[PDB]
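Take a look at the structure set out below.
Note: chain IDs run A, B, ... matching the order in which the sequence lines appear. In order, the residues displayed for chain A correspond to 1-58, 65-284 in the PDB entry numbering, which applies throughout. Just so it is clear, chain B uses the PDB entry numbers, and the residues here are 1-58, 65-284, in order. All chain C residue numbers match the PDB entry; in order, they span 1-58, 65-284. Values reported hereafter were calculated over all heavy atoms of this structure, with side chains retained and with hydrogens, waters and symmetry mates removed. Every number for a ligand or one of its atoms is a count from 1 in the order of the listing.
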Amino acid sequence: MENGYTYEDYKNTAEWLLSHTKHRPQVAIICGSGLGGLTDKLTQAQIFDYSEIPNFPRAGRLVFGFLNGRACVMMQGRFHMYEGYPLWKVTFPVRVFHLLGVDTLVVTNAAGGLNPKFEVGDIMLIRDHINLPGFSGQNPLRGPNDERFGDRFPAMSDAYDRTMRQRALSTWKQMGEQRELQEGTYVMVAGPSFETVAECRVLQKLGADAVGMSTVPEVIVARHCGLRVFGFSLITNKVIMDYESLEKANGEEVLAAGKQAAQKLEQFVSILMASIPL
Amino acid sequence: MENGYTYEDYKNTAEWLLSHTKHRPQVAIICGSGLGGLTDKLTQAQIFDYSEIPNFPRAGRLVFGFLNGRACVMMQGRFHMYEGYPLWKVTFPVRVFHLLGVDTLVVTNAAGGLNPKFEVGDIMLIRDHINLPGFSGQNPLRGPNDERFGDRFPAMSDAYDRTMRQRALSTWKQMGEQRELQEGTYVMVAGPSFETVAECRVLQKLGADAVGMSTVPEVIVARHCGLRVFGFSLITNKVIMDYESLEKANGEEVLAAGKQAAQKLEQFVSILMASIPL
Amino acid sequence: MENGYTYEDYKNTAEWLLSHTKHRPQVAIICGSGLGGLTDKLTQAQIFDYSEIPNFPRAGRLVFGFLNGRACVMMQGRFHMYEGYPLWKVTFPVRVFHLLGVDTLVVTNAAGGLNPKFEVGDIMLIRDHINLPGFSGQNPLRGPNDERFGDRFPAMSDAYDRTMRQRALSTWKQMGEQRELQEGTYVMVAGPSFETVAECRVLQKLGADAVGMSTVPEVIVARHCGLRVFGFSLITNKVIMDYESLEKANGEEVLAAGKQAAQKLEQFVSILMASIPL
Ligand SMILES: O=c1[nH]cnc2c([C@@H]3N[C@H](CO)[C@@H](O)[C@H]3O)c[nH]c12
Ligand SMILES: O=c1[nH]cnc2c([C@@H]3N[C@H](CO)[C@@H](O)[C@H]3O)c[nH]c12
Ligand SMILES: O=c1[nH]cnc2c([C@@H]3N[C@H](CO)[C@@H](O)[C@H]3O)c[nH]c12
């Protein structure tokens, strides 16, 4: 295997962007889908379709602008391993962002609650991840390493910025809420099918608190090239963890688990901006 | 990655079959190898070699006929990830079956007993699975989804039909047997080499009861497109679970673990037919 | 998928080698990198670069010679899944070795200690492995099997020769050392990034004692074709197993964890030679 992109392809995507928008983003935000009407909060919103973007994998848009005093770039729609993309395509935008000048990555996603304490609607702050595809070989850094981005063997034990995590628990308290900010381990599985009961039990045993099909690869790539990362999971569903229970996970409840729980998340992210140091 | 087949290739395999046999199967059966002399029980047996079959991966035969009052199609020999097939080839026949008109899938396989209660010879009824290749990306649905088959994000928490499971425990009692029908979680690993002792201990800890190298992908594809699924593992070997024990798993004992334990299985499947609703 | 090499490519690499060196090796040694200045201990050292070697994947050298009374072949630098090589390239030299006449494989590697009893510097003798890439499909034997090498379904429950393990604990006692020879399960993960804390906790729970990114595939291929295998991990780092700890795994401490701990290892291997039966 080999990454299709050369250092230069990245570099030429970045330049193209640098020249087609006067915005100079500092914070990249990678939202779910449902969990990002977050586009209206921006101001001076400039949109590019992925389709116009030299090299951009493949209705997918890059929106540049200003969230609450920070210059942002928001990916609206992301790529997934389950769509068939190799990981070096899934995480191509991350490297592009670094070269645009960005120094922080915020990632959000929807995920099934594995911890029996979580409730549909909860926001879980990501403290750590379990990269199960990565154990087998599906790590987005597989291949020759390019030292212009970062090291051969980057560390992930501190992927999720301790400072931003503290500031996120501050901010949340900064509005004394009906539920608290949750915290835990996000496990990535490839999907696109949902877990069996036995699989759920496997993931609870591994120590995971939430489960989804994304995020981890962008986080690894982000950290490889020196960005500060933090993120959240909107728990959209409690994963079925025993056999009598006749109820099921669907793409419908994940999507339709926008509502006040998703608006909550938008506003939370938008306030966070103020805790990101210039 | 991308599935090599288009909706049309399936469709043209099905039509070719619809026109070359007057049989109209309702139940697809996917047997092991050793565990399916089950071909003689059929009547009005019409055979096609895979080799004559427009598109069929690659001595492999589709046998059409009548098991105990049901119109069947029996795959004789299957494909495996360990032979090098991508999963979209392994599970191609499943989609073909759906379009032939089939509404039920019975899958059987040979597997090592992980549960220390099992004994060589036991039939384990499949209650659930742990799809370890699927955690990393080897899910046969990886790629663009085709809604003519089914949803983007199908559920697997109920893959193994509760009704058929109940009817299977009925039927077994319907002949008050020397051992009981076993029940549990089948875990798929890719192979083709057998597990170490430490690996066995891993799989026991995950909650698995039996282990093999097949089945799970056909089950996921079956469920993706609305079939009713049930299956069995003939436990052909107790997997070596500690270090003094000098005895070893071989392809010889799996094969030669036909005998009265495999005939038992044939007859069991053949009676089951009567519990499959028209 | 398919292995790029045919039985003949192996065969022609071997012959080329058989004819370009009068050495006839019996023991293949596959060292780390840092953990093999072991080249000077050899005598009658003949070097080939990988680059001159018909078919050899891709500064990489095969060194032929004599360790302590045994005819050796030492791979200096190896291939890794994380560099992008498929496993059938990573393990190509192993098959070549078998055809050179070799009957034993010694493998060594650097690995993070998962067992809280290990200490940086410790040598762990490999008693077993957990091949996590192999669970998902990344097994170097994936594809049609070639019976000239070995069986379709080889066993790995005895991969790590019990005799050589006993002789290794003898030999170590044969110099009554400040720490003892450690022993345990090596788990392979693909890398190239290092584990999170949560991942470490996963691997401790699976029963693993050390973790690295190599070895397992060569061992599986070695055993597939009948070689005797034994190996070691030099524990170069204690893997970070809880969150307050601010210290991190780096490629620098792994490399610079040569020193007296690596010389110890060289000398240990060099004495071992005397326990390998002719
Ligand atoms: O219970 C779950 N298991 C795995 N993934 C998801 C998700 C996320 N939502 C999407 C599927 O609805 C998918 O893109 C995935 O990342 C929500 N709930 C679950
Ligand atoms: O102990 C085992 N581990 C993994 N697979 C199998 C099998 C099944 N039998 C075949 C190998 O003998 C293979 O196709 C696999 O699906 C029997 N026993 C075991
Ligand atoms: O803590 C660890 N986790 C995973 N691999 C390694 C290694 C081994 N060392 C190399 C990276 O420094 C790499 O080739 C890997 O096989 C040392 N320590 C660790």
Help me out, what's the drug found at ligand 1?
forodesine
Look up in UniProt the name of the chain making most contacts with forodesine (ligand 1).
Purine nucleoside phosphorylase
Write down the other chains that contact forodesine (ligand 1) with heavy atoms under 4.0 Å.
A, B
What residue and atom, counting heavy atoms only, is the protein's closest point to atom 1 (O) of forodesine (ligand 1), and at what distance?
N243(A) ND2, 2.9 Å
List forodesine (ligand 1) atoms under 4.0 Å from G118(A), heavy atoms only on the residue side.
1 (O), 2 (C), 18 (N), 19 (C)
Suppose I only count heavy atoms of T242(A) and a 4.0 Å limit; which atoms of forodesine (ligand 1) are within that range?
17 (C), 18 (N)
Looking only at distances, can you tell me whether any N or O atom of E201(A), backbone or side chain, sits closer than 3.5 Å to an N or O atom of forodesine (ligand 1)?
yes
What's the entry got as the organism for chain A?
Homo sapiens
Relative to the heavy atoms of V245(A), which atoms of forodesine (ligand 1) are at a distance of less than 4.0 Å?
1 (O)
Below 4.0 angstrom from a heavy atom of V260(A), which forodesine (ligand 1) atoms are there? Numbered from 1 as shown, please.
9 (N), 12 (O), 17 (C), 18 (N)
Short N or O contacts of forodesine (ligand 1) with protein, under 3.5 Å, listed by atom name?
residue, atom, partner, partner atom, Å
forodesine (ligand 1), 1 (O), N243(A), ND2, 2.9
forodesine (ligand 1), 3 (N), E201(A), OE1, 2.8
forodesine (ligand 1), 3 (N), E201(A), OE2, 3.4
forodesine (ligand 1), 14 (O), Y88(A), OH, 3.2
forodesine (ligand 1), 16 (O), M219(A), N, 3.1
forodesine (ligand 1), 18 (N), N243(A), OD1, 2.8

